[PDB]
K.L.:
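One structure coming up, written as structure tokens, with questions to follow.
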Amino acid sequence: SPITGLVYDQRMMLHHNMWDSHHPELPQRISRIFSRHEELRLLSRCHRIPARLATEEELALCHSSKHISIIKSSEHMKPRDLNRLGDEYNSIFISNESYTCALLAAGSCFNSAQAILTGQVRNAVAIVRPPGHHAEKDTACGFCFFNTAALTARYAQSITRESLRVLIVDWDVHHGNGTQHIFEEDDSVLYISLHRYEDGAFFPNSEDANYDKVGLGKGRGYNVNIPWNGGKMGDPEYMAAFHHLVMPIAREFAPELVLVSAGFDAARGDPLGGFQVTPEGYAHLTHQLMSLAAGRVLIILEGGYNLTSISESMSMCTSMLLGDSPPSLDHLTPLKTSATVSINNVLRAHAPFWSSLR
Ligand SMILES: O=C(CCCCCCNC(=O)c1cnc(N(c2ccccc2)c2ccccc2)nc1)NO
Ligand SMILES: [K+]
Ligand SMILES: [K+]
Ligand SMILES: [Zn+2]
């Protein structure tokens, strides 16, 4: 009986950009990742989980009725009207297939979480597009329509109990502004993001992503931002952040389910990120999170734009979930000075809330 689930459906390739056919969020992102799983003989080792559509009642766990109704109406618009609607948001393109593809991405992740929680599988991966982490309650943003990861947390609570403890780890190179805002006054969902910041000048261009935003109300302490400035970061800085911050806070919270907002745009070779994390580095981050929540872990694709880099990086994560031995990293070398400044600023902000840090 396979201990790892996998979901993929080629219908999610139909969303496309009719005015700019080389735009980086390409249909072949998901088909290239699936083909590499066949070449490495990983697909036959997994249990295949089918895709489905999310329902409109499920979308209302996080989104307004007006936002649901506007995106739904684009299914039948003519080209001139699709171009006008898209230009009303920050960095969005739309075709007649976009609404259906965003529904399939969300429902694929609901079926995966249900298989994990009922014990049919121990853990799982989801090869899905368009992405989710910039979408807000009332608007679309940054290539994203509905917030797939935030919806999956609320779905899991609805079928078990309202206070089920969920951790979301966001290792995409950009800040997830929508996920932060949805859970900002909530102590049942812990949000932890690592991201390129540059004093507010990198997308999405807001001071909401700095280390001093810690949560609101009864949610004070349950929002953790790790921002990078002035440096091309890689394996040494990401391992240091996990050892001093991510893993001590996670163990004290003691989650019952772990969701990864797993973009691969911090990887060596990415044309938007400019950073240097390796496939062996992503394998070590995956193996550390497998020690939490009695092993209940779901990996969800977000961004990432070098086709060879994302195919090798996500395949190594699946190999770790199946139980293979982790590969060795490069030799030890000094951290960059600005990265130690960032880690010290986060420790000073969260020490009042977490005894494992003081
Ligand atoms: O991932 C996400 C979603 C992120 C949304 C970002 C919106 C602002 N837009 C860019 O950030 C951006 C940066 N770069 C480039 N391209 C480029 C690519 C293909 C064709 C032409 C140009 C580029 C390449 C090399 C050197 C200079 C520019 N395109 C867009 N969230 O997690
Ligand atoms: K992030
Ligand atoms: K929170
Ligand atoms: Zn990204």
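In this chain, numbering begins with 1 at the start of the sequence shown. Counting starts at 1 for both ligands and their atoms, following the listed order. Determination method: X-ray crystallography, 1.7 Å.
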K.L.:
Hey, which of crenolanib, vandetanib, ricolinostat is sitting at ligand 1?
P.N.:
ricolinostat
K.L.:
From the contacts in this model, which chain binds ricolinostat (ligand 1) most extensively, according to the PDB entry?
P.N.:
Hdac6 protein
K.L.:
Taking heavy atoms under 4.0 Å, what residues and nucleotides bind ricolinostat (ligand 1)?
P.N.:
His22, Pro24, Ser91, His133, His134, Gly142, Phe143, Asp172, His174, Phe203, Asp265, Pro271, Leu272, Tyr305
K.L.:
May I ask you to list the atoms of ricolinostat (ligand 1) that are less than 4.0 angstrom from any heavy atom of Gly142?
P.N.:
3 (C)
K.L.:
So is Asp172 polar-close to ricolinostat (ligand 1), meaning N/O to N/O under 3.5 Å?
P.N.:
yes
K.L.:
Looking only at protein heavy atoms, which one is nearest to atom 8 (C) of ricolinostat (ligand 1), and how far off is it?
P.N.:
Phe203 CD1, 4.0 Å
K.L.:
Can you check atom 21 (C) of ricolinostat (ligand 1): any protein non-hydrogen atom closer than 4.0 Å?
P.N.:
no
K.L.:
What's the shortest distance from atom 31 (N) of ricolinostat (ligand 1) to any protein heavy atom, and which residue and atom give it?
P.N.:
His134 NE2, 2.8 Å
K.L.:
May I ask you to identify the nearest protein heavy atom to atom 5 (C) of ricolinostat (ligand 1), giving residue, atom name and distance to one decimal place in Å?
P.N.:
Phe143 CZ, 3.6 Å
K.L.:
For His22, is at least one N or O under 3.5 Å away from an N or O on ricolinostat (ligand 1)?
P.N.:
no
K.L.:
Considering distance alone, does some N or O of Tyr305 sit under 3.5 Å from an N or O of ricolinostat (ligand 1)?
P.N.:
yes
K.L.:
Does atom 26 (C) of ricolinostat (ligand 1) have a protein heavy-atom neighbour under 4.0 Å away?
P.N.:
no
K.L.:
Within the 4.0 Å heavy-atom shell around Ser91, which atoms of ricolinostat (ligand 1) are there?
P.N.:
7 (C)
K.L.:
My question is simple, although I want it checked carefully: is atom 3 (C) of ricolinostat (ligand 1) less than 4.0 angstrom from any protein heavy atom?
P.N.:
yes
K.L.:
Flag atom 13 (C) of ricolinostat (ligand 1) as yes if some protein heavy-atom distance to it falls below 4.0 Å, otherwise no.
P.N.:
yes
K.L.:
Atom 23 (C) of ricolinostat (ligand 1): which protein heavy atom is closest, and how many Å away?
P.N.:
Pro271 O, 4.7 Å
K.L.:
Can you pull up the source organism of chain A from the entry for me?
P.N.:
Danio rerio
K.L.:
Looking at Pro24, which atoms of ricolinostat (ligand 1) are within less than 4.0 Å of one of its heavy atoms?
P.N.:
19 (C)
K.L.:
Report, in ascending order of atom number, the atoms of ricolinostat (ligand 1) lying under 4.0 Å from any heavy atom of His133.
P.N.:
31 (N), 32 (O)
K.L.:
Tell me which other ligands or ions sit under 4.0 Å from ricolinostat (ligand 1).
P.N.:
ligand 4 (zinc ion)
K.L.:
What protein heavy atom is closest to atom 15 (C) of ricolinostat (ligand 1), reported as residue, atom name and distance in Å?
P.N.:
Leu272 CD1, 3.8 Å
K.L.:
Provide, line by line, the atom pairs where ricolinostat (ligand 1) and the protein bring an N/O atom each to a distance under 3.5 Å; else say none.
P.N.:
| unit_1 | atom_1 | unit_2 | atom_2 | d |
| --- | --- | --- | --- | --- |
| ricolinostat (ligand 1) | 1 (O) | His174 | ND1 | 3.2 |
| ricolinostat (ligand 1) | 1 (O) | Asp265 | OD2 | 3.2 |
| ricolinostat (ligand 1) | 1 (O) | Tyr305 | OH | 2.7 |
| ricolinostat (ligand 1) | 31 (N) | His133 | NE2 | 3.4 |
| ricolinostat (ligand 1) | 31 (N) | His134 | NE2 | 2.8 |
| ricolinostat (ligand 1) | 31 (N) | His174 | ND1 | 3.4 |
| ricolinostat (ligand 1) | 32 (O) | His133 | NE2 | 2.6 |
| ricolinostat (ligand 1) | 32 (O) | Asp172 | OD1 | 2.7 |
| ricolinostat (ligand 1) | 32 (O) | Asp172 | OD2 | 3.2 |
| ricolinostat (ligand 1) | 32 (O) | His174 | ND1 | 3.2 |

